[PDB]
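Overview of a structure with batimastat.
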Amino acid sequence: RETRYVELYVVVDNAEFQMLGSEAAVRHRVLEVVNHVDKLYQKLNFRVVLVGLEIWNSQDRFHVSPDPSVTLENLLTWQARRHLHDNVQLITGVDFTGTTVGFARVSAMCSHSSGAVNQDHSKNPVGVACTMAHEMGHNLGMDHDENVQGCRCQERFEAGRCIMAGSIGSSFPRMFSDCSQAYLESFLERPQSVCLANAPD
Ligand SMILES: CNC(=O)[C@H](Cc1ccccc1)NC(=O)[C@H](CC(C)C)[C@H](CSc1cccs1)C(=O)NO
Ligand SMILES: [Ca+2]
Ligand SMILES: [Cl-]
Ligand SMILES: [K+]
Ligand SMILES: [K+]
Ligand code: NA
Ligand code: NA
Ligand SMILES: [Zn+2]
């Protein structure tokens, strides 16, 4: 099939901003993260392109709660209330309850509820880039590797975990399991996946 493109809109909340210090430090870090996300998805004939960026240097336009569900719902609610993107990814400096660092609306890509929330949990920008690729994967119809029986992951190194494992562990994931790929292909059957057909400029 032809290359698919995610036109991505990133929002950085107040906590994240005050954590990085300045506007340039955030732009630098966002470009880092998005560059790696795009790198991970190139192995799926996917391009992830940043088309918009919003930094809340003063206050958040909605409540970012320690609970990912709340924050995610607040994002989708706030977003709906314009642009032209396919997907919205929130990056926060708020530490989510427990060990949770990401949450997403499943199979919502291209819909009005197309979004996810990501905590910048690691000094390495790769940390939040893998989380977002994972979350973005949910938006694209992917489940956890452990929820698909006989799912095969071709990661030869570390613990052999892939991007869509329900837990990161001690090493950041690098590839997509075979079930990830299969589920993404199924999602690309849905007529709603049409918004991924347009290559930006
Ligand atoms: C470093 N932290 C982790 O590895 C935790 C570990 C964990 C696993 C299960 C339950 C709670 C915590 N995993 C996540 O943060 C997942 C995202 C990662 C894999 C990118 C995240 C867990 S989902 C929920 C957790 C609690 C309520 S809902 C997920 O699946 N989003 O897509
Ligand atoms: Ca599009
Ligand atoms: Cl989720
Ligand atoms: K890596
Ligand atoms: K999967
Ligand atoms: Na936490
Ligand atoms: Na891992
Ligand atoms: Zn998940």
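Sequence positions, counted from 1, serve as the residue numbers for this chain. In listed order, ligands and their atoms are each counted from 1. Per the header of the entry, the method used was X-ray crystallography, 2.1 Å.
Including duplicates, the parts belonging to batimastat are ligand 1.
In this complex, the main macromolecule engaging batimastat, as named in UniProt, is Disintegrin and metalloproteinase domain-containing protein 8.
Binding site of batimastat at 4.0 Å, heavy atoms: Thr99, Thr100, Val101, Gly102, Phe103, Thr131, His134, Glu135, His138, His144, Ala165, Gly166, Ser167, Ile168.
The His138 neighbourhood of batimastat comprises atoms 32 (O), with distances under 4.0 Å to a heavy atom of that residue. At the shortest separation from atom 4 (O) of batimastat among protein heavy atoms lies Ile168 N, 3.0 Å.
When hydrogens are left out, the protein atom nearest atom 19 (C) of batimastat is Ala165 O, 3.5 Å; that is the closest non-hydrogen contact. Nearest protein heavy-atom neighbour of atom 15 (O) of batimastat: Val101 N, 2.9 Å. With a cut-off of 4.0 Å, the other ligands and ions near batimastat are: ligand 3 (chloride ion), ligand 8 (zinc ion). When hydrogens are left out, the protein atom nearest atom 13 (N) of batimastat is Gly166 O, 3.3 Å; that is the closest non-hydrogen contact.
In terms of protein heavy atoms, atom 20 (C) of batimastat is closest to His134 CG, 3.8 Å. Each of the following atoms of batimastat lies closer than 4.0 Å to a heavy atom of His144: 29 (C), 30 (O). UniProt Zn(2+)-binding residues of chain A with a heavy atom under 4.0 Å from batimastat: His134, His138, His144. At under 3.5 Å, not a single nitrogen or oxygen of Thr131, backbone or side chain, sits near a nitrogen or oxygen of batimastat. Atoms of batimastat found under 4.0 Å from any heavy atom of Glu135, numbered from 1 in the order shown, are 31 (N), 32 (O). When only non-hydrogen protein atoms are considered, atom 2 (N) of batimastat lies nearest to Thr99 O, 2.7 Å. Counting the atoms of batimastat from 1 in the order shown, those under 4.0 Å from a heavy atom of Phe103 are 28 (S).
Lab note: closest UniProt active-site residue in chain A to batimastat, heavy-atom distance to 1 Å, was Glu135, 2 Å. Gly102 O, 3.7 Å is the protein heavy atom nearest to atom 29 (C) of batimastat.
Atom 11 (C) of batimastat has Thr100 OG1, 3.9 Å as its closest protein atom, hydrogens excluded (heavy atom only).
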